[PDB]
Amino acid sequence: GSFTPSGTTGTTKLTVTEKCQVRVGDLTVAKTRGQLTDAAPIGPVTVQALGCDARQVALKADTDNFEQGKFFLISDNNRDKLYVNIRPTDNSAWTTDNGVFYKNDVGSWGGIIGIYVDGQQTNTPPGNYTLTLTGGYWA
Amino acid sequence: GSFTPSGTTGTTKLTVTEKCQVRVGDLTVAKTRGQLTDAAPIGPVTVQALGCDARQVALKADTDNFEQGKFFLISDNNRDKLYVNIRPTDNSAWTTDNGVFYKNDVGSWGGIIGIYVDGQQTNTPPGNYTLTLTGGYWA
Amino acid sequence: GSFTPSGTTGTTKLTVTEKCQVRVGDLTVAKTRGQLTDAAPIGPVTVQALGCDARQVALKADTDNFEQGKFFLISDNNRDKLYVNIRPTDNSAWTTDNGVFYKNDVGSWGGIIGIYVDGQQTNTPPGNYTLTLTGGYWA
Ligand SMILES: O=C(N[C@H](CO)[C@H](O)c1ccc([N+](=O)[O-])cc1)C(Cl)Cl
Ligand SMILES: O=C(N[C@H](CO)[C@H](O)c1ccc([N+](=O)[O-])cc1)C(Cl)Cl
Ligand SMILES: O=C(N[C@H](CO)[C@H](O)c1ccc([N+](=O)[O-])cc1)C(Cl)Cl
């Protein structure tokens with residue numbers, strides 16, 4: 001029931017815009033609110049564990065990225081939420097516990113964690129959304 | 001007369017130094033104050049609009065980057081200014097309005113916005129200067 | 001006895017973890033506390049000076065990275081220290097002065113500054129450590 005910080009941090013960034021999309025500078029993940037349909041993919045999160053043969057790999061979201069067992073991207077102003085679902089691409093079993101996404105079994109797991117839109121949210125206010133996940137293990 | 005945020009943010013970074021220039025870490029845009037001559041190029045800003053056939057493409061500078069219809073890079077301490085001119089590389093017509101640089105015509109414009117030194121400023125105090133521009137449209 | 005800021009900033013980043021290491025997102029410099037052995041290499045810092053034929057090249061650490069003529073990486077919370085040694089890879093002579101690492105001779109020096117662990121610190125609390133160095137010259 002406890003998470004131990006032991007790994008690097010991965011950041012999932014997304015810019016939400018209207019139909020008229022103006023991309024400035026280098027290419028980045030951007031979408032129109034209309035694209036925020038249920039199950040819509042946001043981006044992958046690579047995970048590579050080492051020396052965790054006797055520990056349950058886990059990812060913890062920043063305090064501003066979870067609440068009520070629900071995960072979500074947060075606008076730069078910490079006001080707007082973009083509810084998402086976290087799910088590995090393989091058939092591995094994971095559990096959610098107060099902002100923590102841990103693996104049900106021990107082992108140095110390596111894989112991809114996909115971030116998807118949880119419920120159609122085409123009304124999402126334009127802005128920059130972020131989801132931060134830190135590597136570690138669960139007990 | 002109103003700007004709508006709808007796009008990504010582009011950041012133009014520049015480090016001003018003295019004759020003795022000590023570059024630490026990875027290569028970045030750096031110049032000596034003596035290089036801050038009138039019309040001196042600072043860097044390009046790519047712009048790619050989509051779904052703006054009926055909107056006027058626009059770029060808005062951060063509050064700390066404009067004043068009195070004048071644009072300028074700002075030191076990390078928000079104290080020193082480096083006045084610059086914003087101009088597309090093509091023959092397109094643009095207008096400046098209270099920190100907003102919008103296109104005079106509608107259409108999903110794609111192009112390069114150049115940043116140049118506005119007036120010789122070889123006295124610019126050494127430091128890190130930044131100019132942030134956000135994509136959107138004008139009404 | 002005085003440092004003049006005149007160059008870019010280089011940042012040395014390191015994530016300290018336990019045996020069970022969970023790497024999230026893109027690859028970054030990460031190590032287990034057990035790897036924090038004396039003289040253990042942390043990372044190189046490239047230095048390229050120009051127009052310093054009559055000046056002593058120098059690197060200044062951020063206020064939070066030095067104290068008592070000692071350099072060290074600092075956790076994101078500014079609480080935990082990771083004492084390190086700064087040493088060029090060549091045979092050049094350098095001096096340490098209140099957070100400043102300057103060259104004993106003048107000239108536009110180009111080289112690599114290595115960051116090593118100063119004394120075994122395998123008890124270092126897991127976290128993200130940073131060491132910021134700014135380019136300039138000494139008088
Ligand atoms: O973005 C995702 N999937 C896309 C579909 O748009 C695609 O299937 C994909 C799969 C793996 C991947 N990766 O491993 O880097 C990247 C994209 C999910 Cl991982 Cl969120
Ligand atoms: O830097 C600029 N121009 C330089 C001249 O030093 C050069 O002409 C250039 C043009 C285009 C460009 N781009 O499109 O990426 C980059 C450099 C202006 Cl775009 Cl600010
Ligand atoms: O990391 C270092 N040295 C490593 C040993 O692990 C290696 O010798 C090295 C040397 C030079 C270098 N470089 O110049 O980029 C990188 C690694 C020291 Cl420069 Cl801190």
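Letters A, B, ... mirror the listed sequences (proteins, then strands); counts begin at 1. As the structure lists them, so they are numbered: ligands from 1, and atoms in each ligand from 1. If you're wondering, the header gives X-ray crystallography, 2.3 Å. Quick note: numbers below take in every heavy atom, side chains included, and nothing from hydrogens, waters or symmetry partners.
Drug identified at ligand 2: chloramphenicol. The chain in largest contact with chloramphenicol (ligand 2) bears the name, in the PDB entry, of DR hemagglutinin structural subunit. Other chains having non-hydrogen atoms less than 4.0 Å from chloramphenicol (ligand 2): B.
Counting protein heavy atoms only, atom 2 (C) of chloramphenicol (ligand 2) is closest to B:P41 CB, 3.9 Å. Contact annotation for B:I115 and chloramphenicol (ligand 2): only backbone heavy atoms (N, CA, C, O) come within less than 4.0 Å of the ligand. Note that atom 15 (O) of chloramphenicol (ligand 2) has protein non-hydrogen atoms nearby, at separations under 4.0 angstrom. Lab note - ligands/ions near chloramphenicol (ligand 2) (< 4.0 Å): none. Here is the list of chloramphenicol (ligand 2) atoms found below 4.0 Å of a heavy atom in B:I112: 13 (N), 14 (O). Per the entry, the source species of chain B is Escherichia coli.
In this structure, atom 4 (C) of chloramphenicol (ligand 2) has no protein heavy-atom contact shorter than 4.0 Å. For chloramphenicol (ligand 2), the heavy-atom contacts closer than 4.0 Å come from B:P41, B:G43, B:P44, B:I112, B:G114, B:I115, B:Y116.
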